[PDB]
**Student:** 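Drug: imipenem (open form) | Macromolecule: Beta-lactamase.
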Amino acid sequence: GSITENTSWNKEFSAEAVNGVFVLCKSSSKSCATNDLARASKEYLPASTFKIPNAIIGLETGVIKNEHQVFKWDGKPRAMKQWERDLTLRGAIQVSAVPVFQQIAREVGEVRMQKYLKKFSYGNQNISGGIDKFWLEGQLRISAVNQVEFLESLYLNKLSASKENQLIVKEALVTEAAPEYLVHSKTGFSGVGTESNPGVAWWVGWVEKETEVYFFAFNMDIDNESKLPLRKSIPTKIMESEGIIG
Amino acid sequence: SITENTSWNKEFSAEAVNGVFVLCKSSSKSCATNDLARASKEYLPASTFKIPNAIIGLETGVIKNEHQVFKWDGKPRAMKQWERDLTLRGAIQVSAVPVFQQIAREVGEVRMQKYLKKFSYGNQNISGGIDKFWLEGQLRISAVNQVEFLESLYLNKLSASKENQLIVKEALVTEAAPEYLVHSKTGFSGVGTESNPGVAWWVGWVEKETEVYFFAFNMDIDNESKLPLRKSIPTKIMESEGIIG
Ligand SMILES: *C(=O)[C@H]([C@@H](C)O)[C@H]1CC(SCCNC=N)=C(C(=O)O)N1
Ligand SMILES: *C(=O)[C@H]([C@@H](C)O)[C@H]1CC(SCCNC=N)=C(C(=O)O)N1
Ligand code: NA
């Protein structure tokens with residue numbers, strides 16, 4: 001397990017006047033590279049990336065029955081029209097249907113939710129702030145490095161959850177599929193934050209390319225929703241210039 | 001039950017293709033096709049056999065697990081794309097025959113026969129050599145049967161652990177989009193011989209919103225230049241029904 005600083009990559013950040021970090025790890029050499037060692041260890045609210053552990057915990061606790069469970073839309077207004085539908089597990093993840101996962105956390109409960117974030121070594125493991133908000137506005141925080149450790153565990157089925165439930169969540173996280181490579185990933189965006197205290201935007205996941213696997217985690221400060229696409233454009237550019245997905 | 005849709009014939013005739021498309025919304029209990037007779041006609045599975053072969057490899061422990069790497073011994077293989085180490089998904093996606101031939105040999109005739117019976121896989125005939133019965137032997141399966149088989153897989157209802165079915169299902173993802181996932185497998189038996197065409201396949205399913213469509217396409221083929229039609233005809237149909245694209 002090694003990490004090195006690669007201040008080169010900074011060009012793709014500077015080009016777009018973005019402050020953030022990319023962490024990219026090659027599984028076979030167990031070696032990671034980042035543009036910013038300090039920021040890679042800095043902990044931010046997970047925002048919708050929390051839907052990964054939350055989904056796993058919901059399956060393990062039985063709250064989510066199985067891979068085919070449909071979360072039925074009860075008709076009442078949701079903060080996004082995208083969310084105003086019936087949704088599969090993948091559907092609710094792809095669209096980041098927060099209220100689906102707020103109810104899941106509610107049924108998981110504080111005690112099991114804390115037990116699992118400790119077993120998963122997930123961030124600071126602080127779920128203070130309300131059972132259906134701690135990852136959105138409460139005290140939970142996780143690093144880019146911790147994300148890639150967590151994702152590597154999931155990939156290897158080594159989290160303290162059934163392998164079946166880890167496989168279920170992995171397939172729901174597939175976002176791009178090609179003959180030579182598969183991408184599993186999850187976006188996050190906490191909001192634009194306050195004056196002097198921007199929000200955070202995330203892109204985490206891993207790339208299966210030939211016999212190699214690359215785990216990655218991107219975060220950036222964000223005070224303008226206009227800039228959201230940059231959470232994929234900068235890591236994708238980085239990953240292309242490494243020959244991984246381009 | 002299977003019901004004929006005449007409308008779908010346009011895409012075949014335009015291309016001078018003799019083939020069938022089978023499409024089933026939600027379940028295999030009602031399927032639509034351009035050709036009732038051909039929907040249930042049984043053909044060599046060719047590379048589509050990699051799906052049951054992968055499941056059986058896992059169930060028997062021949063494939064140790066999802067992360068197994070099939071190492072290349074460096075000796076010539078029939079396609080340059082196969083001359084590399086491969087994961088399970090990789091070996092499926094490039095249709096690395098010799099990887100699956102060794103799998104078949106290690107599974108062996110007795111176990112292969114048992115699982116094909118459990119899976120209701122076509123005519124369940126594995127004669128013709130343990131490492132080639134799905135390539136040039138007597139094995140045959142229809143488009144309708146592929147749909148039934150894939151539906152069982154999708155539902156984790158094959159006689160196989162849920163874990164192993166999940167592994168193979170992930171290995172079969174070929175298109176991911178926000179609204180839908182496609183799990184699929186292509187096949188091409190070759191160009192056949194005079195008056196006896198080969199067969200080309202595309203089978204799979206589409207998870208879209210909360211709906212699932214099972215599909216199975218085959219055509220006669222005697223010229224490899226026609227091979228792109230195996231995807232474009234069923235894609236065109238599924239795009240015109242509003243399922244993908
Ligand atoms: C998670 O990161 C959020 C969740 C908290 O809403 C979802 C929503 C979005 S983008 C729209 C949010 N607008 C806020 N004013 C994403 C995303 O990853 O793009 N995830
Ligand atoms: C399985 O259907 C075959 C396997 C038995 O060889 C592979 C090969 C091809 S096409 C490559 C060009 N063929 C030249 N002989 C496919 C395919 O799905 O297209 N699968
Ligand atoms: Na693909």
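Here is how names work: the chains are called A, B, and so on, in the same order as the sequence lines, proteins then strands, and each is numbered from 1. Note that ligands are numbered from 1 as they come in the structure, with each ligand's atoms numbered from 1 the same way. Header lists the method as X-ray crystallography, 1.9 Å. Values below: every heavy atom of this structure, side chains too, minus hydrogens, waters and symmetry copies.
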**Student:** I need every copy of imipenem (open form) for my figure - which ligands or chains are they?
**Tutor:**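 All copies together: ligands 1 and 2.
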**Student:** List the other chains with a heavy atom under 4.0 Å from imipenem (open form, ligand 2).
**Tutor:**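 Under 4.0 Å by non-hydrogen atoms: B.
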**Student:** Please report whether imipenem (open form, ligand 2) has a polar contact with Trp82(B), defined as an N or O pair separated by less than 3.5 Å (distance criterion only).
**Tutor:**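 N/O-N/O distance under 3.5 Å: no.
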**Student:** In the protein, what heavy atom is nearest to atom 1 (C) of imipenem (open form, ligand 2), and what distance, to one decimal place, separates them?
**Tutor:**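 Answer for atom 1 (C) of imipenem (open form, ligand 2): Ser47(B) OG, 1.4 Å.
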**Student:** Atom 18 (O) of imipenem (open form, ligand 2): which protein heavy atom is closest, and how many Å away?
**Tutor:**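 In this structure, atom 18 (O) of imipenem (open form, ligand 2) has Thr186(B) OG1, 2.5 Å as its nearest protein heavy atom.
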**Student:** Measuring from the heavy atoms of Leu227(B), does anything fall under 4.0 Å of imipenem (open form, ligand 2)?
**Tutor:**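 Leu227(B): in contact with imipenem (open form, ligand 2) (<4.0 Å).
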**Student:** Among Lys185(B), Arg230(B), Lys50(B), which one has a heavy atom closest to atom 19 (O) of imipenem (open form, ligand 2)?
**Tutor:**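 Looking at heavy atoms only, the winner is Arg230(B).
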**Student:** To which protein heavy atom is atom 9 (C) of imipenem (open form, ligand 2) closest, and what is the distance rounded to 0.1 Å?
**Tutor:**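 I find the closest protein heavy atom is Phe188(B) CB, 4.1 Å.
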**Student:** Just wondering where the covalent bond from imipenem (open form, ligand 2) goes, residue and atom, if there is one.
**Tutor:**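 Covalent, to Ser47(B) OG.
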**Student:** Can you name the atoms of imipenem (open form, ligand 2), numbered from 1 with element, that are less than 4.0 Å from a heavy atom of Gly187(B)?
**Tutor:**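 Result: 2 (O), 18 (O).
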**Student:** Quick test: of every protein heavy atom, which one is nearest to atom 8 (C) of imipenem (open form, ligand 2), and how far off is it to 0.1 Å?
**Tutor:**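 For this ligand atom, the closest protein heavy atom is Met79(B) CE, 3.6 Å.
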**Student:** Report the nearest protein non-hydrogen atom to atom 12 (C) of imipenem (open form, ligand 2): residue, atom name, distance rounded to 0.1 Å.
**Tutor:**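 Sorting protein heavy atoms by distance from atom 12 (C) of imipenem (open form, ligand 2) puts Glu224(B) OE2, 3.0 Å first.
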**Student:** Just let me know how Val97(B) lines up against imipenem (open form, ligand 2), side chain, backbone, both or neither, with a heavy-atom cut-off below 4.0 Å.
**Tutor:**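 Looking at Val97(B) and imipenem (open form, ligand 2), just side chain atoms fall under 4.0 Å.
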**Student:** Is the shortest N/O to N/O distance between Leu135(B) and imipenem (open form, ligand 2) below 3.5 Å?
**Tutor:**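 No, since none of the N or O atoms of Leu135(B) sits under 3.5 Å from an N or O of imipenem (open form, ligand 2).
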**Student:** What atoms in imipenem (open form, ligand 2) come closer than 4.0 Å to a heavy atom of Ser95(B)?
**Tutor:**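 Counting atoms of imipenem (open form, ligand 2) from 1, those under 4.0 Å from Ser95(B) are 7 (C), 20 (N).
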**Student:** For imipenem (open form, ligand 2), which atoms, with element, lie under 4.0 Å from some heavy atom of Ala46(B)?
**Tutor:**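 Answer, ordered by atom number: 2 (O).
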**Student:** Could you pull out the residues near imipenem (open form, ligand 2) at 4.0 Å? Heavy atoms only, by chain and number.
**Tutor:**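 Heavy-atom contacts: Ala46(B), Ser47(B), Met79(B), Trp82(B), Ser95(B), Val97(B), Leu135(B), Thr186(B), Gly187(B), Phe188(B), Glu224(B), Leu227(B), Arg230(B).
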**Student:** Could you tell me, for imipenem (open form, ligand 2), which of its N or O atoms are under 3.5 Å from any protein N or O, listing the pairs and their distances rounded to 0.1 Å?
**Tutor:**
unit_1: imipenem (open form, ligand 2); atom_1: 2 (O); unit_2: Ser47(B); atom_2: N; d: 2.7
unit_1: imipenem (open form, ligand 2); atom_1: 2 (O); unit_2: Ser47(B); atom_2: OG; d: 2.3
unit_1: imipenem (open form, ligand 2); atom_1: 2 (O); unit_2: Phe188(B); atom_2: N; d: 2.8
unit_1: imipenem (open form, ligand 2); atom_1: 2 (O); unit_2: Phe188(B); atom_2: O; d: 3.4
unit_1: imipenem (open form, ligand 2); atom_1: 13 (N); unit_2: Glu224(B); atom_2: OE2; d: 3.4
unit_1: imipenem (open form, ligand 2); atom_1: 18 (O); unit_2: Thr186(B); atom_2: O; d: 3.3
unit_1: imipenem (open form, ligand 2); atom_1: 18 (O); unit_2: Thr186(B); atom_2: OG1; d: 2.5
unit_1: imipenem (open form, ligand 2); atom_1: 18 (O); unit_2: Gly187(B); atom_2: N; d: 3.1
unit_1: imipenem (open form, ligand 2); atom_1: 18 (O); unit_2: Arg230(B); atom_2: NH1; d: 3.0
unit_1: imipenem (open form, ligand 2); atom_1: 19 (O); unit_2: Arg230(B); atom_2: NH1; d: 2.7
unit_1: imipenem (open form, ligand 2); atom_1: 19 (O); unit_2: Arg230(B); atom_2: NH2; d: 2.7
unit_1: imipenem (open form, ligand 2); atom_1: 20 (N); unit_2: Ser47(B); atom_2: OG; d: 2.9
unit_1: imipenem (open form, ligand 2); atom_1: 20 (N); unit_2: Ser95(B); atom_2: OG; d: 3.3

